[PDB]
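In this PDB entry you will find danazol.
All chains are named by letter (A, B, ...) in the order of the sequence lines, taking the proteins before the strands, and each is independently numbered beginning at 1. Quick note: numbers below take in every heavy atom, side chains included, and nothing from hydrogens, waters or symmetry partners. Both ligands and their constituent atoms are indexed starting at 1 by order of listing. Structure determined by X-ray crystallography, 1.8 Å.
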There are 2 protein chains.
Amino acid sequence: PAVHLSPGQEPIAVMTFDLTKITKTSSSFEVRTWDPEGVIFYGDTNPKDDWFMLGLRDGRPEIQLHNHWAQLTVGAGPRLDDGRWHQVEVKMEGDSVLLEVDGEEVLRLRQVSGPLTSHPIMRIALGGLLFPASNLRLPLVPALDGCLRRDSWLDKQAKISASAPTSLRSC
Amino acid sequence: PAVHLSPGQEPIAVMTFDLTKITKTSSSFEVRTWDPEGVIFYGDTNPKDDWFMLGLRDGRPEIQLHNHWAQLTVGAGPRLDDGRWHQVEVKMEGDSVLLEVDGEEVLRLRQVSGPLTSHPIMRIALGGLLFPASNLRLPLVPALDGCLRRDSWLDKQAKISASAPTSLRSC
Ligand SMILES: C#C[C@]1(O)CC[C@H]2[C@@H]3CCC4=Cc5oncc5C[C@]4(C)[C@H]3CC[C@@]21C
Ligand SMILES: C#C[C@]1(O)CC[C@H]2[C@@H]3CCC4=Cc5oncc5C[C@]4(C)[C@H]3CC[C@@]21C
Ligand SMILES: [Ca+2]
Ligand SMILES: [Ca+2]
């Protein structure tokens with residue numbers, strides 16, 4: 001069962017987590033698209049100075065990140081806009097964030113985060129940002145005309161709230 | 001004709017460039033190694049606050065960079081410590097630094113540099129750093145037991161000096 005990721009650029013779903021209860025710090029999903037550019041997911045504890053975006057630009061994964069330890073805009077991995085399903089896994093390990101595409105590690109951002117446990121509320125938004133696209137380090141057009149399935153986000157034990165699925169649209 | 005990249009951790013060669021004469025901002029070489037960790041090349045305009053390192057860690061490319069615009073430690077691309085020759089190309093394009101391995105773009109560090117043209121002296125060191133390994137953002141053991149061939153560095157028109165090849169050791 002798959003869902004569409006995208007007129008407005010609002011995300012299709014938002015989840016909130018209690019950071020003091022996170023034990024699993026990874027997320028996995030599959031994505032399919034013919035679209036070269038857009039947001040796959042966004043997360044923050046504060047949209048002004050502690051946020052993260054995973055998207056596509058020119059078909060390839062791009063991460064933008066802004067927190068106390070790091071500020072970066074990085075592209076990596078193969079093009080994903082070929083209309084095939086691709087597995088993507090994001091993992092936080094130690095002080096690094098890892099990106100795996102189709103079971104291959106394609107990017108490791110080292111020394112970018114202290115302990116999640118140590119503002120204890122994190123938001124994850126699917127298919128859009130929780131601020132205007134002009135707030136990005138490098139703007140992109142957020143609407144990703146793609147589909148998402150088999151998605152699991154961090155720790156269901158730590159989840160406080162999740163948006164009304166009434167809005168989800170099947171692919 | 002190939003040369004060894006590595007007891008001391010000193011680089012095997014240093015070149016100096018006039019930054020005001022650089023037109024070609026790319027470098028290409030081939031590397032072969034069974035070694036998972038070490039420095040491939042280092043460059044700077046100032047070893048205290050304007051420097052760059054490309055190496056291997058756990059077999060894969062790693063870039064460490066520290067300048068006015070960016071400070072990062074990033075891993076990307078496939079393992080290269082399989083004893084096969086691999087082409088590596090580093091390109092500066094706009095404000096980004098691009099890494100290509102075997103003809104595939106594996107990493108794009110965006111918004112990390114202003115114009116090279118605009119201290120106008122850049123050093124490139126092969127197989128070692130021009131400061132102690134403890135100065136790195138994330139230390140590694142610099143000696144890379146590998147071989148280097150078909151290597152071209154930036155713009156021969158901009159090169160001011162190049163170290164005595166008397167020291168080079170054929171593979
Ligand atoms: C706290 C904090 C932060 O400094 C601010 C925003 C956080 C990301 C939000 C989204 C996210 C989702 C996610 O899914 N698997 C692992 C992760 C971890 C990441 C990449 C989080 C890593 C730590 C980040 C950068
Ligand atoms: C100036 C300046 C800097 O901010 C300080 C050190 C510079 C690198 C030195 C080594 C280098 C060699 C090289 O080989 N092809 C392209 C490049 C460009 C790079 C990656 C350079 C990019 C710009 C850098 C980060
Ligand atoms: Ca789009
Ligand atoms: Ca080594």
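- Across the structure, danazol can be traced to ligands 1 and 2.
- The chain that danazol (ligand 2) touches most here appears in UniProt under the name Sex hormone-binding globulin.
- Other chains with a heavy-atom distance under 4.0 Å to danazol (ligand 2) are given as B.
- Every N/O-N/O distance between B:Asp44 and danazol (ligand 2) stays at or above 3.5 Å.
- Residue B:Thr45 approaches danazol (ligand 2) through these ligand atoms, each under 4.0 Å from one of its heavy atoms: 1 (C).
- Within the listing of danazol (ligand 2), atoms 14 (O), 15 (N) sit less than 4.0 angstrom from a heavy atom of B:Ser27.
- When non-hydrogen atoms are compared, danazol (ligand 2) lies under 4.0 Å from the backbone of B:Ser26 (N, CA, C, O) but not from its side chain.
- Most residues contacting danazol (ligand 2) in chain B map to the UniProt domain Laminin G-like 1.
- Residue-to-ligand polar distances keep B:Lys91 apart from danazol (ligand 2): every N/O pair is separated by 3.5 Å or more.
- Nearest to atom 18 (C) of danazol (ligand 2) by heavy-atom distance, out of B:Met92, B:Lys24, B:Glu89, is B:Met92.
- Residue B:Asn67 approaches danazol (ligand 2) through these ligand atoms, each under 4.0 Å from one of its heavy atoms: 4 (O).
- The option with the heavy atom closest to atom 17 (C) of danazol (ligand 2), from among B:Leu154, B:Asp50, B:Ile63, B:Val112, is B:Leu154.
- At 4.0 Å, heavy atom to atom, the residues around danazol (ligand 2) are B:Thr25, B:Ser26, B:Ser27, B:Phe41, B:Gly43, B:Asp44, B:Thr45, B:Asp50, B:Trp51, B:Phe52, B:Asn67, B:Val90, B:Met92, B:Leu116, B:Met122, B:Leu154.
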